[PDB]
Amino acid sequence: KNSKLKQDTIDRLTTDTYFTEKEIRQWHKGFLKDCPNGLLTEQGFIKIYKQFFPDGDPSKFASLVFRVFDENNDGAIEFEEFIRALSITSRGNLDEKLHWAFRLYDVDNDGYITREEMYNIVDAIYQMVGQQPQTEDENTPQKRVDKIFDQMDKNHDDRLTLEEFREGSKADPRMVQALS
Ligand SMILES: CN(C)CCCN1c2ccccc2Sc2ccc(Cl)cc21
Ligand SMILES: [Ca+2]
Ligand SMILES: [Ca+2]
Ligand SMILES: [Ca+2]
């Protein structure tokens, strides 16, 4: 019964996250309000994003986030996955946050961010806003991303490793700023 919070789950969570046992039990109550039976599917996750961005279509972005939350790739976000992601994004140190962002941009999980993956995240963000925006010629989404990508791509091989992305993002936080 996915609804019941087991002690074994709490034990791993207090080891792996910055939440106390009392905080985890309180979060489990709120989690059950949005997800009474304890498992959030991708459609369920898209549905919550749609409510929050009524003038856009956040489906593409929500699906990208969902796959990073769903660490075991079983098609549902369990409470333990929710708490782990919340710990990283709301309490984690800068290296932990940037690793999470790297996983979001690395759509195919091959260990590299390509320009095309970065374009795709940006396009998804624009869709969520609800705008495929007309831009001046030098301000196109591709042009903006390309200049930031080029500065992070220190060996100019058209892909970003975790280290290129993380150190580059410390000098220029815009790619991860856009995620929030
Ligand atoms: C205000 N709230 C909806 C929580 C914040 C938004 N958001 C989110 C959505 C639904 C369930 C959990 C989360 S945590 C989170 C972590 C990373 C990113 Cl990129 C987004 C989110
Ligand atoms: Ca899962
Ligand atoms: Ca990739
Ligand atoms: Ca590179």
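Heads up, chain A uses the PDB entry numbers, so what you see runs 4-183. Both counts, for ligands and for their atoms, begin at 1 and track the order of listing.
In this structure, the drug modeled at ligand 1 is chlorpromazine. In this complex, the main macromolecule engaging chlorpromazine, as named in the PDB entry, is frequenin 2. Atom 12 (C) of chlorpromazine has its closest protein heavy atom at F85 CE1, 3.4 Å. When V179, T92, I86, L182 are checked for heavy-atom proximity to atom 17 (C) of chlorpromazine, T92 turns out nearest. The closest protein non-hydrogen atom to atom 20 (C) of chlorpromazine is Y52 OH, 3.5 Å. No heavy atom of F55 sits closer than 4.0 Å to any atom of chlorpromazine. Among all protein heavy atoms, the one lying closest to atom 15 (C) of chlorpromazine is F72 CZ, 3.6 Å. Short contacts between chlorpromazine and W103, defined as distances under 4.0 Å to a heavy atom of the residue, involve ligand atoms 17 (C). Of the protein's heavy atoms, none falls inside 4.0 Å of atom 4 (C) of chlorpromazine. There is no protein heavy atom less than 4.0 angstrom from atom 1 (C) of chlorpromazine. At the heavy-atom level, UniProt-annotated Ca(2+) binders of chain A within 4.0 Å of chlorpromazine are absent. Residue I51 places no heavy atom under 4.0 Å from chlorpromazine.
Protein heavy atom in closest approach to atom 10 (C) of chlorpromazine: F48 CE1, 4.1 Å.
Contact annotation for atom 8 (C) of chlorpromazine: protein absent (non-hydrogen atoms, distance under 4.0 Å). The shell of residues around chlorpromazine (heavy atoms under 4.0 Å) is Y52, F72, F85, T92, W103.
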